Undergrad: 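Below: experimental structure, L-captopril bound to Metallo-beta-lactamase type 2.
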Amino acid sequence: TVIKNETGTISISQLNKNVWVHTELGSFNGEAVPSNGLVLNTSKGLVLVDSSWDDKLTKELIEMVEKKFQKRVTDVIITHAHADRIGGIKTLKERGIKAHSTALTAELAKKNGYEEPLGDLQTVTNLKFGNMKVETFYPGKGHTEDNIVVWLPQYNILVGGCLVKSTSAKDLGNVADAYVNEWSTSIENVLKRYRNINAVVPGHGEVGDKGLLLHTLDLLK
Ligand SMILES: C[C@H](CS)C(=O)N1CCC[C@H]1C(=O)O
Ligand SMILES: [Zn+2]
Ligand SMILES: [Zn+2]
């Protein structure tokens, strides 16, 4: 099941009964650039993994999911301090939506002029929202110094975020903020921690499996 807004700039795609991928198009130099996160439909509200490029898109994403699922967005996990992830932080804060992050992500957000998420996540943090279990894991530096992954142990779904490249990505993209001698080790740390993975959601591009991790390793050669 895929559901879209009018222009198609926001889309939600169902992985299972309570887990959807959200995808938004940002516009840069005339080019549409998609970005993915997660929508978790829990008994106590909606939880997102990541916001979107800006506040306009974040507001519309929130409004779409609250209407559809008939409950409020209560929490967002921000997986690094780039605009695709954190661009909607003003909206989250003013609506009273909790914005979780590592301390480092919050430190980088502040340095770069964004409002700050909570800085509450550790190297491993286990959260529960209603019956939905969520683990966050900092595997080390890669796409950025601060990138984290999110694991849903009830589904063995990994949100790789922008640490993990989709099959369609043929290069590493912008590496200004990346750690290209460490990114492989960080990917290996993910593979070590999660030895049995169903889906892997990359930050940009199509959902895949463990193969996306191996693809990212190959791109780093
Ligand atoms: C703006 C995002 C932040 S993760 C980005 O760097 N992307 C998005 C797609 C690839 C890569 C790039 O521009 O090189
Ligand atoms: Zn990024
Ligand atoms: Zn990204």
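Residue numbering for chain A follows the PDB entry; the residues present correspond to positions 37-257, in that order. Values below: every heavy atom of this structure, side chains too, minus hydrogens, waters and symmetry copies. Order of listing sets the numbers, starting from 1, for every ligand and every atom in it.
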Undergrad: Can you tell me where to find L-captopril in the structure, every copy?
TA: ligand 1
Undergrad: Quick sanity check - which UniProt Zn(2+)-binding residues of chain A lie within 4.0 Å of L-captopril on heavy atoms?
TA: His116, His118, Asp120, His179, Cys198, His240
Undergrad: Mark up the atoms of L-captopril that fall under 4.0 Å of a heavy atom belonging to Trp89, in ascending order.
TA: 1 (C)
Undergrad: How far is atom 10 (C) of L-captopril from its nearest protein heavy atom, and which residue and atom is that?
TA: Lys201 NZ, 4.4 Å
Undergrad: Between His240, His116, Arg121, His118, flag the one that comes closest to atom 7 (N) of L-captopril by a heavy atom.
TA: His240
Undergrad: What substrate-binding residues, per UniProt, in chain A have a non-hydrogen atom within 4.0 Å of L-captopril?
TA: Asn210
Undergrad: How far is atom 3 (C) of L-captopril from its nearest protein heavy atom, and which residue and atom is that?
TA: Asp120 OD1, 3.3 Å
Undergrad: Note all other ligands and ions lying below 4.0 Å from L-captopril.
TA: ligand 2 (zinc ion), ligand 3 (zinc ion)
Undergrad: Could you tell me which atoms of L-captopril, counted from 1 in the order shown, lie closer than 4.0 angstrom to a heavy atom of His179?
TA: 4 (S)
Undergrad: Return the residue, atom name and 0.1 Å-rounded distance of the protein heavy atom closest to atom 12 (C) of L-captopril.
TA: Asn210 N, 3.7 Å
Undergrad: List the residues forming the binding site of L-captopril, heavy atoms under 4.0 Å.
TA: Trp89, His116, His118, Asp120, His179, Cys198, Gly209, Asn210, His240
